[PDB]
J.: 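Here you go, one structure.
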Amino acid sequence: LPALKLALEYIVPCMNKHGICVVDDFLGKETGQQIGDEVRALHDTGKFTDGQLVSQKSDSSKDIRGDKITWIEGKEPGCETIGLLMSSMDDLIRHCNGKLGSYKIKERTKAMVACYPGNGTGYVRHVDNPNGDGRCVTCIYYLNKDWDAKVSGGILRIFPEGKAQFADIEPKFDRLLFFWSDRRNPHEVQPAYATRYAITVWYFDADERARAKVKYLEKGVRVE
Ligand SMILES: O=C(O)CNC(=O)c1nc(Cl)c2ccccc2c1O
Ligand SMILES: [Mn+2]
């Protein structure tokens, strides 16, 4: 589907109504599987971190580690299809310009590729941007073939503010997710019992990001 039909007929109205929007079959099986292959090669050649320290045991051989990450620009060798994914995310956001809230999105982060190793670890409940750092939209792409949450867990559970219910999103192959990054969407990753990959990009609102630079004042200018 053109980034445009999807953006204008589904993503824009969904984000303004619900703030949480799922697109399945974003890139297709061939491109999705190539991204999966690039991510697995990154993992298998040791490009990820060792994982979030979960239990700091007295003996370190007993330390439990969780989600592993790596930051990907998209131009690295063997990340070209990841870069294609990122360009496709950018195309979608660009076709939403001036329709996502009142936000104006001119910049994003690099991609954070995450691997939950499948050892029962998840990710605690949190808000992506609780303190106004500029991030207004969180975009996650999943690449887990035939994921069965009843068996492997790993559901993303979101707790939409003001609503007495949560929204459970399975980390399905070739699924793209958008949600507001601020306190509207506290969320958690339930324990994952199989290897679980995701690629996240955050989009900045230009105003919020510009004034965030005041708080984090960071390179300066010489006086004398
Ligand atoms: O993977 C998912 O479905 C959702 N993941 C996250 O919400 C998530 N959020 C943050 Cl802020 C981090 C931050 C660092 C590493 C992994 C993260 C993560 O998986
Ligand atoms: Mn998060």
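What you see of chain A is 188-404, 407-413, where the numbers are those given in the PDB entry. Both ligands and their constituent atoms are indexed starting at 1 by order of listing. As a basis for the values below, the full set of heavy atoms in this structure was taken, side chains included, without hydrogen atoms, waters or symmetry mates.
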J.: Okay, my shortlist is FG-2216, LY2811376, MK 1903, CH5132799, R-warfarin. Which one is at ligand 1?
T.: FG-2216
J.: Hey, quick one: which chain has the most contacts with FG-2216 (ligand 1) in this structure? I'd like the name as the PDB entry has it.
T.: Egl nine homolog 1
J.: With heavy atoms only and a cut-off of under 4.0 Å, state how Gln239 meets FG-2216 (ligand 1): side chain, backbone, both or neither.
T.: neither
J.: Across chain A, in which UniProt domain are most residues that contact FG-2216 (ligand 1) found?
T.: Fe2OG dioxygenase
J.: Using a 4.0 Å heavy-atom cut-off, say whether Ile256 meets FG-2216 (ligand 1) through its side chain, its backbone, both or neither.
T.: side chain
J.: Which residue atom forms the covalent bond reported for FG-2216 (ligand 1), if there is one?
T.: none
J.: Considering only protein heavy atoms, which is closest to atom 13 (C) of FG-2216 (ligand 1), and at what distance to one decimal place?
T.: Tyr310 OH, 3.4 Å
J.: Any N/O of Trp389 closer than 3.5 Å to an N/O of FG-2216 (ligand 1)?
T.: no
J.: Which option wins on minimum heavy-atom distance to atom 5 (N) of FG-2216 (ligand 1): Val311, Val300, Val376?
T.: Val376
J.: Go through FG-2216 (ligand 1) atom by atom and flag the ones less than 4.0 Å from a non-hydrogen atom of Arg383.
T.: 1 (O), 2 (C), 3 (O)
J.: To the nearest 0.1 Å, how far is atom 18 (C) of FG-2216 (ligand 1) from its closest protein heavy atom, and which atom is that?
T.: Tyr303 OH, 3.4 Å
J.: Quick one: does FG-2216 (ligand 1) sit under 4.0 Å from the side chain of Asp315, the backbone, both or neither, non-hydrogen atoms only?
T.: side chain
J.: Could you tell me which atoms of FG-2216 (ligand 1), counted from 1 in the order shown, lie closer than 4.0 angstrom to a heavy atom of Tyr329?
T.: 2 (C), 3 (O)
J.: Please work out whether any backbone atom (N, CA, C, O) or any side-chain heavy atom from C-beta onward of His374 is under 4.0 Å from FG-2216 (ligand 1), and answer side chain, backbone, both or neither.
T.: side chain
J.: What 2-oxoglutarate-binding residues, per UniProt, in chain A have a non-hydrogen atom within 4.0 Å of FG-2216 (ligand 1)?
T.: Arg383
J.: Listing by number and name, what other ligands and ions are under 4.0 Å from FG-2216 (ligand 1)?
T.: ligand 2 (manganese (II) ion)
J.: If you measure every N or O of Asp254 against every N or O of FG-2216 (ligand 1), does any of those distances drop under 3.5 Å?
T.: no
J.: Any of the residues UniProt assigns to Fe cation binding in chain A within less than 4.0 Å of FG-2216 (ligand 1)? Only heavy atoms count, please.
T.: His313, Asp315, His374
J.: List the residues forming the binding site of FG-2216 (ligand 1), heavy atoms under 4.0 Å.
T.: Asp254, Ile256, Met299, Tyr303, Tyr310, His313, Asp315, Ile327, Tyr329, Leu343, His374, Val376, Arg383
J.: For FG-2216 (ligand 1), which of its N or O atoms have a protein N or O partner closer than 3.5 Å, and how long is each gap?
T.:
{"from": "FG-2216 (ligand 1)", "atom 1": "1 (O)", "to": "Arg383", "atom 2": "NH1", "distance (Å)": "2.7"}
{"from": "FG-2216 (ligand 1)", "atom 1": "3 (O)", "to": "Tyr329", "atom 2": "OH", "distance (Å)": "2.7"}
{"from": "FG-2216 (ligand 1)", "atom 1": "3 (O)", "to": "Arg383", "atom 2": "NH1", "distance (Å)": "3.4"}
{"from": "FG-2216 (ligand 1)", "atom 1": "3 (O)", "to": "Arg383", "atom 2": "NH2", "distance (Å)": "2.7"}
{"from": "FG-2216 (ligand 1)", "atom 1": "7 (O)", "to": "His313", "atom 2": "NE2", "distance (Å)": "3.4"}
{"from": "FG-2216 (ligand 1)", "atom 1": "7 (O)", "to": "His374", "atom 2": "NE2", "distance (Å)": "2.9"}
{"from": "FG-2216 (ligand 1)", "atom 1": "9 (N)", "to": "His313", "atom 2": "NE2", "distance (Å)": "3.2"}
{"from": "FG-2216 (ligand 1)", "atom 1": "19 (O)", "to": "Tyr303", "atom 2": "OH", "distance (Å)": "2.5"}

